[PDB]
Amino acid sequence: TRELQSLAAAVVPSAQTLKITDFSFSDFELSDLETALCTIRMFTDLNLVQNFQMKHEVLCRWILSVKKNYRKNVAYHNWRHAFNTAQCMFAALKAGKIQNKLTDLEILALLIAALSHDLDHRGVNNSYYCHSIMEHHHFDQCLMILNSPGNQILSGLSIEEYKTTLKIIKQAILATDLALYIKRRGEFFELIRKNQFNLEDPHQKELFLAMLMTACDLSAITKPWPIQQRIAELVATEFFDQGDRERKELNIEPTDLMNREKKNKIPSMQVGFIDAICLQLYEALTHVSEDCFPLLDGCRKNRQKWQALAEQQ
Ligand SMILES: CCCc1nn(C)c2c(=O)[nH]c(-c3cc(S(=O)(=O)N4CCN(C)CC4)ccc3OCC)nc12
Ligand SMILES: [Mg+2]
Ligand SMILES: [Zn+2]
C-alpha cells in the first residue's frame with residue numbers, strides 16, 4: 001500500500017529528536033506517521049531489529065496492521081493509548097534503567113505486548129473476577145497479526161525463542177487486566193517492603209513484568225498536568241459513552257463512573273483512582289530502580305491538581 005511505502009521509505013529520526021526517551025513525552029501533536037516512526041525507533045534502539053533480524057518492510061507492515069486494528073471512534077482505547085504505553089515502556093527501559101534488568105526476549109515481548117495489549121478494544125470497560133475475557137481477546141488479536149503473512153516480525157527467532165516470547169507476550173497482555181494487578185501486587189509490595197525483592201527469582205521476575213505492564217498501561221496518570229487532564233477527559237468520554245450505550249441497549253443505570261451527569265466528580269474519582277491503584281505501584285517501582293522516580297513524582301503532582309479541583313468543585 002501507499003501508506004506502507006511511505007512508512008518504509010521515510011527516514012527514522014533519532015530517539016533524542018523524537019524525544020521518546022522522557023517520561024513526559026506527549027503524542028498529541030504527532031501525526032500517525034510520526035507515531036509509526038517513533039515505534040520503529042523504539043524497536044531499533046532496543047536493539048530488537050538487529051538482534052532478531054527484523055526485516056524493515058515487515059516491521060513497518062506489522063506496525064501498520066496493529067495501528068489499523070485499533071478503532072479511532074473509541075475515545076481512549078485506540079492506537080494512541082497503545083502507542084503511549086509502549087513509549088513509556090521504552091522510556092522506563094532507557095531513562096528508567098530497567099533495560100539492564102531484562103533479557104532481550106523479555107524486552108521484545110514487552111514492547112510487542114505494550115503495543116498490542118488493547119487490540120480491537122470496543123470501548124466496553126470493567127470496574128475493578130471476570131477471568132480476563134477482554135485481554136484474552138486482545139492477545140488473540142495480537143497473535144493473529146503476528147502470524148499474518150508479511151507481518152511476521154517474530155520469524156527469525158528459533159522455535160524455543162518464539163515459544164518463550166509468545167508465552168511472555170500473553171502474560172504481559174493478560175497482566176493489563178487490573179483485576180489481576182490487584183490480585184498480585186500484594187506479594188510484590190510485601191517484597192519491596194521487607195526489602196527482599198529478587199529479580200533473580202523466576203517467579204519474582206514474572207511478577208515484575210506484570211507490574212511493569214500495568215505501570216506503563218496507566219502512564220497517563222503520571223504525565224504533566226496539561227497532558228493528564230487531556231487524556232483523563234478521553235477516559236471520561238469513553239466511560240460516559242459506555243454508560244449511555246449500556247442504558248440504551250439494556251435498561252441499566254450507569255454507575256457514577258460511567259454516568260455522563262455527575263461528571264463534576266472526576267476530580268474526586270481521579271484522586272480515588274490514584275490513591276487505590278497508581279501511587280503504591282509507581283512508588284514500589286522506584287525501589288526497583290530510582291531512575292523511575294519521574295513516574296511517581298508525576299503521579300503525585302497530578303493528585304494535588306485533582307485534589308484542588310475536588311475541593312474547589
Ligand atoms: C480502563 C481504564 C483504566 C484507567 N487508565 N487510566 C489512565 C485511568 C484514569 O485516569 N482514570 C480511571 C478512572 C477510575 C475510576 S475508579 O473506578 O477507579 N474510581 C476511583 C476509585 N474507587 C473508589 C471507585 C471509583 C473512576 C474514574 C476514572 O477516570 C475518569 C476520567 N481509570 C483509568
Ligand atoms: Mg485493556
Ligand atoms: Zn490499556
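Numbering of residues begins at 1 and proceeds along the displayed sequence. Indexing begins at 1, ligand by ligand and atom by atom, following the structure's order. Heads up, header says this was done by X-ray crystallography, 2.3 Å.
- The drug placed at ligand 1 in this model is sildenafil.
- In the deposited model, the macromolecule with the most close contacts to sildenafil (ligand 1) is named by UniProt as cGMP-specific 3',5'-cyclic phosphodiesterase.
- Atoms of sildenafil (ligand 1) found under 4.0 Å from any heavy atom of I221, numbered from 1 in the order shown, are 10 (O).
- Proximity to sildenafil (ligand 1) (heavy atom under 4.0 Å) is shown by no UniProt Mg(2+)-binding residue of chain A.
- Short contacts between sildenafil (ligand 1) and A236, defined as distances under 4.0 Å to a heavy atom of the residue, involve ligand atoms 31 (C).
- The distance from sildenafil (ligand 1) to the heavy atoms of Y76 drops below 4.0 Å at these ligand atoms: 5 (N), 6 (N), 7 (C).
- With ligand atoms numbered from 1 in the order given, sildenafil (ligand 1) contributes 29 (O), 31 (C) to contacts under 4.0 Å with heavy atoms of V235.
- The nearest heavy-atom contact from the protein to atom 24 (C) of sildenafil (ligand 1) is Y128 OH, 3.2 Å.
- Per UniProt, the 3',5'-cyclic GMP-binding residues of chain A include some within 4.0 Å of sildenafil (ligand 1) by heavy atom, namely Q270.
- Within chain A, the UniProt domain with the largest share of residues touching sildenafil (ligand 1) is PDEase.
- Measured between heavy atoms and rounded to 1 Å, the nearest UniProt active-site residue of chain A to sildenafil (ligand 1) is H77, 4 Å.
- Taking every heavy atom under 4.0 Å from sildenafil (ligand 1), one finds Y76, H77, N125, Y128, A220, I221, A232, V235, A236, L257, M269, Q270, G272, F273.
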Expected rows: sildenafil (ligand 1) N/O, protein N/O, dist below 3.5 Å:
{"residue": "sildenafil (ligand 1)", "atom": "10 (O)", "partner": "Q270", "partner atom": "OE1", "Å": "3.4"}
{"residue": "sildenafil (ligand 1)", "atom": "10 (O)", "partner": "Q270", "partner atom": "NE2", "Å": "3.2"}
{"residue": "sildenafil (ligand 1)", "atom": "11 (N)", "partner": "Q270", "partner atom": "OE1", "Å": "2.8"}
{"residue": "sildenafil (ligand 1)", "atom": "29 (O)", "partner": "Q270", "partner atom": "OE1", "Å": "3.1"}

